[PDB]
Every structure is written in structure tokens, then in C-alpha cells.
Trainee: 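Could you have a look at this structure, given as C-alpha cells, before my questions?
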4 protein chains.
Amino acid sequence: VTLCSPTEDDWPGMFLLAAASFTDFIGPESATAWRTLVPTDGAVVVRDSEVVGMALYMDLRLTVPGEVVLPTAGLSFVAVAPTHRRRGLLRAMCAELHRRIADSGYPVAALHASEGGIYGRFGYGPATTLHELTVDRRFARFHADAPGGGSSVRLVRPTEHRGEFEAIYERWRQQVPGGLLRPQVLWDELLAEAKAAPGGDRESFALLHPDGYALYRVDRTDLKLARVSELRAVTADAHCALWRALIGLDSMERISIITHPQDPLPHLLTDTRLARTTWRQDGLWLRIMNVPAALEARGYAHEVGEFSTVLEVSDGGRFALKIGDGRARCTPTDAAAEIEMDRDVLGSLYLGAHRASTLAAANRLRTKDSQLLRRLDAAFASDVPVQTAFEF
Amino acid sequence: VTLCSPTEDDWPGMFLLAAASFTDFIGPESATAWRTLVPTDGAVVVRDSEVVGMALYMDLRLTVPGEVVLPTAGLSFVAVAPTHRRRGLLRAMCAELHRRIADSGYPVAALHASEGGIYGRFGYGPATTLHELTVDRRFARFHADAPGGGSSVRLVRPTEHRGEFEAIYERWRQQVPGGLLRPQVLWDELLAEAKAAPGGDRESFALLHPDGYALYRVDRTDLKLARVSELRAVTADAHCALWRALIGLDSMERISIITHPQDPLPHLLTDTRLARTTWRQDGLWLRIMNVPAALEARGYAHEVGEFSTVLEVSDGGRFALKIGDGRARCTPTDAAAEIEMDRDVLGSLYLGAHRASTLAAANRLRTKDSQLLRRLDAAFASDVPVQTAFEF
Amino acid sequence: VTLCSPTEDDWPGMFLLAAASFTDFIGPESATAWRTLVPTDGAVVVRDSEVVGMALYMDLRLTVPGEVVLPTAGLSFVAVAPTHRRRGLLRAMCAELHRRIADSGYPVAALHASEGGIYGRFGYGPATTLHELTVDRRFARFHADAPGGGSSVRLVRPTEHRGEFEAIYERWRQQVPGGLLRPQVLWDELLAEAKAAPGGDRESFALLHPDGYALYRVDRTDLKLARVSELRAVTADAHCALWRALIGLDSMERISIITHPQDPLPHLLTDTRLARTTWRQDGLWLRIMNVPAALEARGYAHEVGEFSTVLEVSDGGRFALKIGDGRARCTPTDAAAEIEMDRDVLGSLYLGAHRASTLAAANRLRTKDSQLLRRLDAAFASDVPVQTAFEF
Amino acid sequence: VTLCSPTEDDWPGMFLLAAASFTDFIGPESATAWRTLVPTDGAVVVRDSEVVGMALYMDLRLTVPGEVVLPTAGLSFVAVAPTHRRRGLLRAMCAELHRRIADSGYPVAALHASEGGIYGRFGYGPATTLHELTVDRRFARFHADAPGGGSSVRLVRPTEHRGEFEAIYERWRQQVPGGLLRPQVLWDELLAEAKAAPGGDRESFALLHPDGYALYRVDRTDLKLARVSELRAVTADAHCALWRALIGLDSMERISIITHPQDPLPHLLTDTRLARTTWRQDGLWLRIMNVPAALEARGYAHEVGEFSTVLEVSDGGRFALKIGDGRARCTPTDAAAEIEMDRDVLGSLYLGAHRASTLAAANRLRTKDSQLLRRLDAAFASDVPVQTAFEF
Ligand SMILES: COc1ccc([C@H](CN(C)C)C2(O)CCCCC2)cc1
Ligand SMILES: COc1ccc([C@H](CN(C)C)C2(O)CCCCC2)cc1
Ligand SMILES: COc1ccc([C@H](CN(C)C)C2(O)CCCCC2)cc1
Ligand SMILES: COc1ccc([C@H](CN(C)C)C2(O)CCCCC2)cc1
């Protein structure tokens, strides 16, 4: 077993491992479009020869609180052959890619986890929360207060309005923590999946507003369920107008969407309970590669007064952290730690999805000052709720 | 149709309406113990004679942020006969009880809603969130950081340790927003439901720690599911120790609990995803009866700097609101409103369960200042997460 | 194996066979109340000794078209031990009871069939149709035309209004084909089943109108389903008023009832489709014991002009049948048959539930005259739709 | 929003609205074959431009009692964009098409309803009843009386016997109320759907008798269920022979068919209960456009003696109605009404599927004469049971 950057010759062995590892694997042509986002030296393989392990990262741009955009290494396509389990292949592949990612100057790495038990030990913390809402649209009535009581929304074919979707998404990704730049190859892929497949997905339709769009398709087996694959709204008016149109799908019983915990939809209805939470899971995981670069790069809440503390990340350094006027300064120190946590915990705090107080109650974050805990909670809170852009 | 305080003679007609209206109705003897909490003039009936409508409130004590305890009117036992629907009976009964509640000096009313679409129009807003977590305990391993790695926890018969449960709950209710005083008749009722019933519930067991207790019973139909009816933990150590014991129920596959969104349990595990959110619904609803008395009574976040605004509640007054050093002053004004909302929206903000920004995005809260929105969000936030005490 | 009238000593052996044969068997005390309706010589047993077969009939009064009431032998409690199958016990028991029934002067026998394949060969034809309607009452709105848009309906405890139920049912049974006299022991039994059982049925409630009553109970497992056990309405106004009250059970999702195919309920609603047919099965089976006495006793449709034919029942005689002015005369003849059918087919025609044309299309009824078929269809039609009274 | 006859340019916008509105939408090529049946001026669109509403009618021939064939406007392809709900688009489109249909000389309009609550208010009444029968063919034995105890039935490929299917269906449609002429484009469509689809329907087979045919296919998911899409039998012998062959599908557990309430199948079996009613819904809806032309065109039952009455249709005229010798005369009058009903109720009576007495019991039909009700019931009854031809 040796660990190497793959040559062109390795890619069929990687596609075989992929097919056998990932049921969602569309196939070589689709993976060749995601390959464009992978830099030179972005991939490792383990050969025994034949490919028994692989892992890569893609070049991404991730929006963090304060509308700051970070270069982000997106780990993906990670697989160990079922023949080579418990041989330390994952550990060796993650250590090598992390070395390259850190040396390349990325302040943050990110991934979507296939199981919740794997990535904590490599320093990844769950940083966004997926929340499925299912609306029984037969009972749904809009509240007297809800905006937009002509329609500004049009029912359209997605492929005929690519430009408008691209422009609305670009505005949304820059203003929302969790937003990711979507490269044009990923618009190619998205619009190809919109098409219906024999024995596969049904055709996707779009609802298009000047300041938002919703992409939806009827479920293959449940013909009374419409699944919203993506709703991007830049204004509250756009969000309400799009939900008025979705609730107008009179041939459906139910509309489902994978959204975020602060989605205002339930509050648009006279019965908030009609927007049922049917599923809840971790979305984007973060590994802070460079603690000072990450902490200094994001914006903090202006509401909390200036405060100074000493933060120790387990095997990640100790820092004098001063937060004031929405900005952090984070410098080396050997002064006594006032706060300690593993690297994964910092990733979970970083976008505002998890409260320092919640993590402290599990002893994942350790402090003897409850006042400092309240200050951390308030300062790391995000004004714009954190959302999940697209899986990678 | 006349509306009156019931006489002793009305109570059998009320118990008949109850039996026909509420499947959860245990029976007259149980309802006679809840009757003790109902003050003189706490009940209304509509006669046609026979009882075709009823509603009452109970005298409760509700903990709000800052560990402040308010006298609270708990509306319950509300029913209209299926023979007298759409005759305005509910509207007439709610108006009369609200008049009595306000005249009696209660700053707040509260209820548990049988449907989500009814109570908004009478000024009640959902104020707590029930979150069911189901753990697949066969995979559950505690994180290296989790506290308590002899056991301080004992498996006991609930009826033999009444004193210790009473004392732990008393400490928990005073320190937790949402906490309710539990009167001794309600301890009588709770310990009677612990007993097994032929063709009914299985026997309840307790796990008892010096600083917490968990009451649980195996599901009647699912013999591999244990349902935690109540876990009250005064310290993080007590919470972790109790979950170590629950995960040690080796004959179960699954442990379920109705908890709150900030329950630290998922963070105690190496796989956070094992604590699945299987259900989510509104818990306690609040109607603010007296806006200035309620706003002045609770504590606010010390992190946010002093600020002044003008709040209009639709048909509930306009107030100069000044929040500083964790305290509010709320005085009459005819100055221009900077914030407007219906009374129900204020109830939803009051315990910290809903963000002003979230309600603003649905246009339930109206302001032209985004800075004021961030300040309201931060100030109404609760340091101790809001929990739901017990249904009434 | 001998066949005898049971002595008092045989009854425990019969109750043992009953318990082992009938899952619906309430027990000896309940069966001892049904025993009162069984005449001297109304029962047979086969001993091997131990009881290996039994069958009995009860003295009933059955309403047929024209509001005519016939003495009816109600066969029931029919069982062969699982140890003595395929020994001709059923055939021997049915032949003996039929001999006694015919000799006693009963023009008709009736039963409720545990399977559809058994009773045709002994001359029983299905004569009524059970139709389960399930209403999704959350969508149900009454049509502008529906009657009864104070309520004349009261929600009551069944046991407190026995007299009123008895009187309404007496009026309904006399005016409805299929009606059966309900003896007071059967009112005792009905009101005992109204009571809730630990691990059993939930309590029954009644809706009481001057001209109808509905008995209903929440399903033991489905707490959002109310099952109407019995709705007896003497007027259309009573029927509509009772359904307005049932649709007002706001805590239920669904109301189900076992009714008849001509129940007007669907036509009371703006959406007829909301009253879904979820189940359909044979109800009351008839064996015509004496062809001329039965055909002469019922009323026929006044719309059809006088006509004469010759009817042959297979092994049941040949008759000159003259139908005019709503009356039949049915006399012996050896003239050529114009219509032939097995005895079971006549039972199926007798109350109007099945069309002669439908049975002719299956060749269960044989004629070469299509005009005679149309005349039979029209003449045997019932003005008041046929309903099923109560199982026996 | 303007309302217009579509130009060729509007049809892609209509196909987009169709795809988004109808999950059963096969696609443009299939809809272009149904377009042939749509006359010039048979279609309306609402533009906002883009298509936000559409509705059309097709030229059909409908068989009514007496084997009379009426020109019938078949409304279909009716959709409002989910963006333009509650703007009166349906009302405006139905009013315009009804104006054109009436002016064109159609005595009747018809449709298949996607929901039961929409079409009553535009004067459409449900006129046929779909009844799904599911037979457990493992228990099914034919009665000694059933016809056809060599087989006259052949198992064939539908596409190889098009001529014979066309000829049998032509005979059946002319002799059965509810029958519709099937144009050759609809035979093209039917035989194309017979072919199997990858990830779609399995191949269809036919059973062919000189006087009937059955088209059936194994269910895609349930491989032990055969679904009969269509059984057309001109004689009872053909019906019995076809069911003998279907019950001979020894690899199936269950045969299901969508038939009519008077299907003789259950009576062909020794156990009638084996032919279970698993589904029941409205089939064809009728709007009587011209009351006198429709009432005069159909045949009436010869059994009922001559009678005269005065019928008022709400906003549809008042008529002296004389029914005798199977014929009606229906002339204008201002004499006092003896019978009143909304137009939709007349459509429900017109083919014999609903009894005047049943509609009277719901107060949809109003009279003070019970004798007149019995006469209407008998006269509007259909000798040949009403069946549903094919959906449009
Ligand atoms: C060649 O590099 C990649 C990277 C990612 C992908 C896929 C992205 N999907 C979200 C469409 C993936 O789904 C990632 C998980 C493993 C299967 C393939 C493809 C190629
Ligand atoms: C007589 O006053 C009351 C008030 C409340 C109750 C019950 C409380 N449960 C939580 C045990 C209730 O469950 C409230 C909802 C309606 C049914 C009865 C009883 C009597
Ligand atoms: C002793 O005679 C009888 C006759 C009938 C019964 C019961 C009647 N039920 C409808 C309550 C029966 O249900 C009939 C079927 C067999 C089981 C008992 C009892 C005793
Ligand atoms: C272009 O005109 C029409 C009319 C009807 C149809 C379809 C007929 N099916 C029964 C095959 C329809 O199914 C009707 C309901 C809406 C979807 C399409 C097609 C085109």
C-alpha cells in the first residue's frame, strides 16, 4: 500500500471504487465535471496495481458571517475498498490532504458527512443544520400580515431561464453564511438533472420572481408530494411570493423542502403547525485549518461590548482573542487558557449554528467563567441565519 | 344560550362534554384534583338545561428569563359541543375569561393548544418548542469529553422517593424559563400514572441522581422503545449521568424523550446524528395580558447596550421601551411607533424561543430599522434555554 | 354421532364449542340473554358425550316492502368442532332445523354469514348490502340545499335515554325493509356494550334528535377515527341534523359508518367524493321457506301494470304469479315455466337489494322474455331502500 | 389577463402548463392526437405573454338510455397556473366555453373530475359510478348455473387484432348508456399504451371472444396482481367466458377491474364475497345544456304509466313534462312548479345512476308529492345499466 497523486490511468480504478461505494454516483461523465474544481495535487489514491482508497478536495468559496468569502477546500469522493477496512487508509489519506490543504493556504476545509461518527476525530464539526419542512397545503392559509396578498411569480422551464437563476443565486450566496459560489459546470449539472429520466425522476419546474426562484419536482412514487430541491430568495417578499405559488399547486397534498431552522415559512401561515419538521440532520461540516486566520476573517455581533480572553484549541495553539466592534484579533500567547475546546468544536461554533453554552453543557467547551460563555454565545451568533448551499 | 360560572350541579354536564371532547380524559376523579387549582370564578359554562360549552383557567406560577416567577392564568378544559359549532361560543367564553383574568391582576395567560390554528386570533403565541429525540442506543458511545466516565445514579420505584423528586423539580422549575410550580395534587396524579394499568401503560421506573431524575416506561406496543416522560437535571453532571444510565437499558433498541431544541444530549455522543429529531411541535402558548407589567418583569441580556424604542401592540397600547443593564422600563407614549406587532407575536418573543428577526421576515413584526431588530433579538434572548414544564 | 335438542346439561359443552369457534363470543352471560329469543325445540346439538356440532334459530320479526312484518327464524350459533369437519354435520343440522322451521309455520329464515361460500347451497341468498362510508370530516361542508342550516340534537349518555332510543328504533324498524324488532334483552345487551372496557372499547356517546339517534365511539387504536355503531333516522331532517353534529366532532379526522348503498349522506356535502366507500359486503341472507306465503305477503311497486307469469323455484314448486296494484297472487300450476331460479336467488330478490336483470345476466335467473325481466325488476323494487337492522 | 382562442404559438405555453398541472400528462405528441377531437374555437387560454389558464372541449358522441346517441362537448385540459389561483380564471373560462357549447347546439357537456368539490357549482352532476372489484382468484369457483362450463376465448397480442377490438367496442358503445364513440386516433393511443415501457408499465395482453374482449397487464410493483384496463362484452356468454379465462391466470393471486355497480361477476361465483369492492368513485359528470332537448332525446321506462308534472331547473327554465310510452315531451310553462332542482341534479338523474328519491332525501330535489317521486325514480331508471366508456 503506497499513497500517491493519481495519474490519468488511475481514474477508471477510482470510478470503479466510486460506483461500488456511492449509490448516488451518477457516473464518469458527471464526475468529470466535478473534476474541473479539483486542483492539481487535490487528489490522493492508495494502490495495492488496483485502487483501494481515494480522497480529494475541490476549490470552493464559502460565505461566513459579515459577508466575508473564504477560500475553502471541499473534501469529497472519499472511499476505502470493502477489502481494505481497518488498515488506517482513511487516517493516512486525511493526514496527507490536510498537509496539502494547510500548505496551500486554505484557512478552512469542509465536507458533507455520509455518517455522523467519522469526521469529528479529524477535526470537522457540524456547522449547518438541514431541516425538512413538509406542508399539508390543503389546510394552508396565509396570515393577514404575510406580504403579497398580478403575481410577480412565473411558472417556467428551468433550462430556458439559466441566466436569471445564475444571477439570483450569485446575490444569495454572497449575503448568506453557508453560501458557496456555484461554478458554471455545476449549473450545467443542475440543469441536466432537471430533465426527466425513464424509470427515474420526473421533470423539474421553476417558480421565478425577480428576487428569488424555487426548483421543484413531483416525487417519483408519491404523486401527491412535490419536493422543492432549492429555494433561493434574496428578499422576504420573494420568499413569501414563492410560497404562495407553491401552496397554489392544487393537485398536490404535500410540499416538502430541505431548509434551515430559521426558515420563516411557518410564520407566514395562520396555523404554524402545518409546516411540520419531518427530518433534521447535520449539513456542512467545517475543519478550521488556521485558527487565527479563520477567527480574524469573520464578522462578530456589534451588540456585545469589547472583551478579551485566551482560547486554547487542543493541539491547535493558544491565542489571545479580543472581540470588539464586530472584529476579532487573535494572536499567539502562553498566558493561562480561559477557554479550551477540540478543533471540531470551533468548526461547529464558526457559522453560528451551535451555541457555545450548548457545547459547554456537554463539556465539549471548557471554561470556569459563565459571563465569558454568554459573551462568546452573543459574539459568534450570526445576524443572517446560516443556510446550506449545495452538497459536494 | 347564556354564559355563567358553573354551580356544583353543572359539573356532571361538564364531565360529559369533557369525556366526549378529550380522548386523553382520565375521568372525573382525576379532573377533581385539577379542579383544586381553579379559583372561584375561574370557570365559565354555556347552557342551552345542558352544558354545550365550557372553559376555565388554573392559578399557575411560570418562570420567565431572569428567574422571575409570574402569576399565570392557565386556560384549559375548553370545549364546544359538536351540536353547537360556529355559534361564537369559543369567542364569547375566551372574552369573558380574559376579562376576569385581566381584572384579577394576572400579567400573562398560557395554554397547550389542541390545534395550531385556533389561539393566534385570541392573542396567544407559541412560546416554547417541544423536540422529540429518539436515540438508537445500540450504537451510542459517549465522547471522551462527556462528564462521569461508582455510579451516582440509582434505579428506583418512583412512589418510594416522592420527597427527592419534589425537591429536585422545585430547584429546576425556579432556574428554567418555562418552569411551572407543581402543586402536591399534581405529584399525587403523576405518581398514580406511574402505576401499570391492565391493557394500559406499563410500570414507570426512575433513575435518581442527587441533582436530577428521569422517569421512563417501556412503550405498550413497541417493547424495544423506552419513553422518557420527564428528565429534570439541575446540573450538566446530573444530565450526563442520567443519559449514561438510559443508554445502559441494554434490552431496548431506542430511547425517546420530549425535550427542547438546545438539549445537549447529541453533543455527549461521538455520533451527534444518533440523537434523531423525530417530532417537533409548539408547546406552551402565551397571551401577554398587561404589556408593561410583562415587559418590565423579565430580565434581558446584559450583552446588548442600553437602547430606547417605541413599541405598538395592535389594540394593546403604545409604549416607550428602554432596555439597559438587563432591565426594561415600559411607559405610555403617543410618539411615532418604531416597532409594531399583534399581541400573539409578543407572547412568542417573551421566553426567547422565537427570534424577532425570524418574525420580521414573515412580516409578523414590522420595523424600518434593522439595527433595532438586531438589538431586540439580542435583548429578548434567554441565557438559560426555554423548556416546557408539564401539560395542563 | 346423534342429533338432538340440547338439555340444560348440554349448554356448557355448547359454550365451550362457541368460545373455540367465535372470536366475537362475549361469553355465557351474554349468550344467555340471546337464549331467551330461542324457542323450545329451536336448537340442535350433535354429540359424539361431548358437543361436536350445534345450530339454533331465534324468533324474529322482519319488515319487508309494504311495511309488512313477517315472523322470521334467525339461524345463528352454528358451529362444527375442528375435530369433526367434512362429516356432513352442518348439512344434517341445517336439514333438521329447516324441517322444524317449515313445520312451525315460518315463511322465511334469515342469517348473517361468516363466509360467503357456505349458505347458497342451503337456499340462502344475500338480501341486504352493508356499505361502509368513511368521511374526512376536516374537508366536509354541507350543501346550500341541505336541511337544518338552536340545534335540535343533544349529546347524551346512552344509558340515561333508553326510552327515547327504544321509541325511535321501533318507528324506524316498522317503516324500513330489513328492520327487525329489538327485544328488551337486546336493549340490555346494547347499553352494556356502550360502557368502556379496560384494554377494550372506549365509552359510547349518543346524538339524540326527536326523530333519530346516532351511537358512536372513538376507535380503540385510531384516536382520530369515530365509529358510528348505529344511526336510526325516521325523517330526512333527523338524518341531516345528526350528520351536522357528527361532522362537528372537531377532534376527529374521520367518521365511519356501516350503512346501505342508498344512504343520502354524500349528497348532503358540496364534495360527494368525501364520503368514501371503504368496505362493501353481504349483510342479511334470506331463505324463502314457503314461496307462495312469502310472495303474497310483501308489497310490489304500483308503477308496473298488472302482469301474469309462471315461476319455477328449483325443488321449491311451480306457481302462477300475478302482480297488480302492488299485490301478488301466487297459486300452484303445472303450466310451462316462464321464469326459473334456485331458492337462494328468490331470497336475494325478495327485499329489493338485487335486480332480476343482474341475476339473469349471471344465468342465476333464466327466462326467454326480456319484457318479463323488466317487469320483475320494477315490481320487486323497494320504494324505501333496504337497510340492515342488527347482527344476530 | 385577457381570454382568447389560442393560436398555434400558444400551444407550447399550454403544454408547459399541462406538464406542471397533470402528473398523468403523457406529453405533447399524445396531446396532439387528442387535439384532433377539439373543434375550431373549442379552446380558451388566459394570457398574463405567458399562459396562466386554459380549458377546451372535444366533440364526443354519448349513448343515453334508449340507445340514443347525443353530440356531447367533453371538457378537458382545464388548468389554472399555481401563480394565478383565486383570480376567477376557472369561472371566466367555464362561462366562455359554456356560451360557445350552447351556441354550437350541444344538448349536453361532460367531464371527468380531478376533485369532487369543483364542478357542481358550474351545473355538472356525477352521472356514472366507477366500482373497482378485486377477485382473490385462488378461491374463485364458477357457480353450476354460470354459462360456458373448446374455449371460444383466445389469448392474443392487442396490436395484431385491432379490427376485431374496434368492431366489438362499436357494438358495445351503441347499446350501453355511458358509451362513447372511440375515434381512430384514440385506438392509435390505446394500442401504443399496450406496449411495455422501460421502468414503466408491463406489456398488455388481450383475451378475445367473438362478442367481447378484455385488455389486462400485470401491475408494475405487485407481480401477483393483474389489472383489467377494459372489458367490453356485448353478450352475457362473452362476459362469463372472459372471466373464466381471467380466473385461469394461475400465476396471479388477484384480478382487479374498474367496472360499474351492476357488474354480474360476483353472481358468476359460488362465493359472491370473493369479488370485493375495493374502490368506488364518480366517473362521468354531465351538464344538461338544453333541458328540453336532453329530456326529449332519451328513452324512459315503459313500466310506468303516463304522467304529467311541472319541473323547474334553478336558473334553467320551467317545463311541462309529460312521460308516457317510454317518451318525454318537455314544453315551456309558467304553471306552478311541482318539482325543483339545480341543473347538476338533473345531470346526476339523466343516465339512471342516481335515484330521484335518494336526491330528494338530501333535499337536492324538492317536491311535496311522494307519488311523483316514485314515478320519476321508475321513469328515469335505465334498463341497461349505465357504464363508463373511457376517460377524456
Ligand atoms: C471527481 O470529484 C467528485 C466530487 C464530488 C462528486 C459528487 C458530488 N455530488 C453532490 C453530485 C459525489 O456525489 C460526492 C459524494 C460521492 C459520490 C459523488 C463527484 C465527483
Ligand atoms: C377540571 O379542570 C381540569 C383542567 C385540566 C385537566 C387535564 C390536564 N391534563 C394535562 C392531565 C386535561 O387533560 C386538559 C385537556 C382536556 C382534558 C383534561 C383536567 C381538568
Ligand atoms: C345462544 O344463542 C345465541 C345466538 C347469537 C349470539 C351472538 C349474537 N351477536 C350478534 C351478539 C353471536 O355473536 C352470534 C354468532 C356466534 C357468536 C355469538 C349469542 C347466542
Ligand atoms: C389537447 O387536448 C387534450 C385533451 C385530453 C388529454 C388527456 C386525455 N387522457 C385521458 C389521455 C389528459 O389526460 C386529460 C386530463 C389532463 C391531462 C391530459 C390530452 C389532451
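The chains are labelled alphabetically, A first, in the order the sequence lines are listed. We number chain A the way the PDB entry does; in order, the residues shown are 3-50, 56-156, 160-402. Shown for chain B, in order and in the PDB entry numbering: 3-50, 56-156, 160-402. Throughout, chain C uses the PDB entry numbering, with the displayed residues spanning 3-50, 56-156, 160-402 in order. Chain D is numbered as in the PDB entry; the shown residues are, in order, 3-50, 56-156, 160-402. Whatever order the structure lists ligands and atoms in, that order sets their numbers, starting from 1. Values reported hereafter were calculated over all heavy atoms of this structure, with side chains retained and with hydrogens, waters and symmetry mates removed. Contacts here are counted within a displayed part of the entry, not across the full deposit.
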Trainee: Trying to figure out the drug at ligand 1 - which of alrestatin, primaquine, benzolamide, venlafaxine, avadomide would it be?
Mentor: venlafaxine
Trainee: Help me with this one: what macromolecule has the most contacts with venlafaxine (ligand 1), named as in UniProt?
Mentor: N-acetyltransferase Eis
Trainee: Which other chains have one or more heavy atoms under 4.0 Å from any atom of venlafaxine (ligand 1)?
Mentor: A
Trainee: Quick check on A/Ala20 - does any of its heavy atoms sit under 4.0 Å from an atom of venlafaxine (ligand 1)?
Mentor: no
Trainee: Mind checking whether A/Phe400 contacts venlafaxine (ligand 1) via backbone (N, CA, C, O), side chain (CB onward), both or neither, at a 4.0 Å heavy-atom cut-off?
Mentor: neither
Trainee: Which residues in chain A does UniProt mark as acetyl-CoA-binding that also have a heavy atom less than 4.0 Å from venlafaxine (ligand 1)?
Mentor: none
Trainee: Which of these, A/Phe402, A/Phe84, A/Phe24, has its nearest heavy atom closest to atom 20 (C) of venlafaxine (ligand 1)?
Mentor: A/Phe84
Trainee: List the UniProt domain of chain A that dominates the contacts with venlafaxine (ligand 1).
Mentor: N-acetyltransferase
Trainee: Need the venlafaxine (ligand 1) atom indices (1-based, order shown) with element for anything under 4.0 Å from a heavy-atom of A/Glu401.
Mentor: 10 (C)
Trainee: Please could you name the atoms of venlafaxine (ligand 1) that A/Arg37 approaches to less than 4.0 Å, counting only its heavy atoms?
Mentor: 1 (C)
Trainee: Just jot down the venlafaxine (ligand 1) atoms closer than 4.0 angstrom to any heavy atom of A/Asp26, in number order.
Mentor: 13 (O), 17 (C)
Trainee: Venlafaxine (ligand 1) versus A/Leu63, non-hydrogen atoms closer than 4.0 Å: side chain, backbone, both, neither?
Mentor: side chain
Trainee: I need the residues around venlafaxine (ligand 1) for a figure - heavy-atom cut-off 4.0 Å, please.
Mentor: A/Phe24, A/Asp26, A/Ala33, A/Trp36, A/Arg37, A/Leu63, A/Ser83, A/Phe84, A/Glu401, A/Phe402
